Student: 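So that we are looking at the same thing, I have put the structure below in structure tokens.
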There are 2 protein chains.
Amino acid sequence: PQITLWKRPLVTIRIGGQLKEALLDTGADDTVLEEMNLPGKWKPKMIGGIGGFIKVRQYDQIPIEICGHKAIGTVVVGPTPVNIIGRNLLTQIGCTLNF
Amino acid sequence: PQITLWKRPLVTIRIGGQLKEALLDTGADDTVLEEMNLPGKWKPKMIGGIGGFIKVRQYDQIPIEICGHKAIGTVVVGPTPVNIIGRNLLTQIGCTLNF
Ligand SMILES: CC(C)CN(C[C@@H](O)[C@H](Cc1ccccc1)NC(=O)O[C@H]1CO[C@H]2OCC[C@H]21)S(=O)(=O)c1ccc(N)cc1
């Protein structure tokens, strides 16, 4: 598909029994999800942007479906205001910027 | 061009005869630049990112050439981790996400 940027590039993703809306975000190195109690091992991390840093939990090898495209990789979980699909998964679903 | 996402989508911009590197950021509504001088009137504003809110100076109708494509729009200047080109200007240069 092609997604214009007139509005926020929000798409439906699936992470377990949770369908959520997430931003396809070329400005994000990694995928950041709103607080959710995922199973499995994690590692503590801090990620920073405008306004400063937040504390997140990093989970590895998490399957996520993005617009019906399968992905699997690292996701961090914490008090973000929006779900963010970062480059680590955007590459997996074959996403490019074009102008 | 077509830009893949295995690396950060950093491009050269021209703003006031000055070349800067900036991040093409589909998750950003607004274009946010690091501390710099720009001519003309500005308005104090606040914007929120992943870590909280910051104060910025808002400049309207500023020309920027982004990777060889002309835009003229709102730029805000403040403490951002990196120069970001947001959707307000990405739309002007005809940028879309494709997968
Ligand atoms: C600032 C970037 C270098 C990095 N950010 C991604 C960015 O797209 C965020 C993504 C984002 C989006 C909404 C809320 C918080 C963060 N956008 C953002 O801060 O945009 C601001 C400028 O325009 C405004 O519109 C949206 C918020 C404002 S980030 O969210 O802080 C971020 C940082 C690190 C990782 N790993 C993942 C994401």
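Chains get letters A, B, ... in whatever order the sequence lines come in. By the numbers in the PDB entry, the shown part of chain A spans 1-99. So for chain B, numbering is the PDB entry's, and the shown residues are 1-99, in order. All heavy atoms count here, side chains included; hydrogens, waters and symmetry mates do not. When a ligand or atom number is given, it counts from 1 through the structure's own listing order. If you check the header, you will see the structure was determined by X-ray crystallography, 1.8 Å.
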Student: At ligand 1, which drug or drug candidate appears?
Tutor: darunavir
Student: From the contacts in this model, which chain binds darunavir (ligand 1) most extensively, according to the PDB entry?
Tutor: HIV-1 protease
Student: Which other polymer chains sit within a heavy-atom distance below 4.0 Å of darunavir (ligand 1)?
Tutor: A, B
Student: With a 4.0 Å heavy-atom cut-off (strictly under), which part of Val76(A) contacts darunavir (ligand 1): side chain, backbone, both or neither?
Tutor: neither
Student: Does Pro81(A) approach darunavir (ligand 1) within less than 4.0 angstrom via side chain, backbone, both or neither, non-hydrogen atoms only?
Tutor: side chain
Student: Please report whether darunavir (ligand 1) has a polar contact with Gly49(B), defined as an N or O pair separated by less than 3.5 Å (distance criterion only).
Tutor: no
Student: At less than 4.0 angstrom from any non-hydrogen atom of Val32(A), what atoms of darunavir (ligand 1) do you find?
Tutor: 37 (C)
Student: Is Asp29(A) close to darunavir (ligand 1), meaning an N/O of one under 3.5 Å from an N/O of the other?
Tutor: no
Student: Can you tell me which residue and heavy atom of the protein come closest to atom 13 (C) of darunavir (ligand 1), and the distance to 0.1 Å?
Tutor: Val82(A) CG1, 3.7 Å
Student: For darunavir (ligand 1), which residues make up the site at a heavy-atom cut-off of 4.0 Å?
Tutor: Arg8(A), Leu23(A), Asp25(A), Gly27(A), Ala28(A), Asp30(A), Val32(A), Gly48(A), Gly49(A), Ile50(A), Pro81(A), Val82(A), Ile84(A), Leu23(B), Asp25(B), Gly27(B), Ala28(B), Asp29(B), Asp30(B), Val32(B), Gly48(B), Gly49(B), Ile50(B), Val82(B)
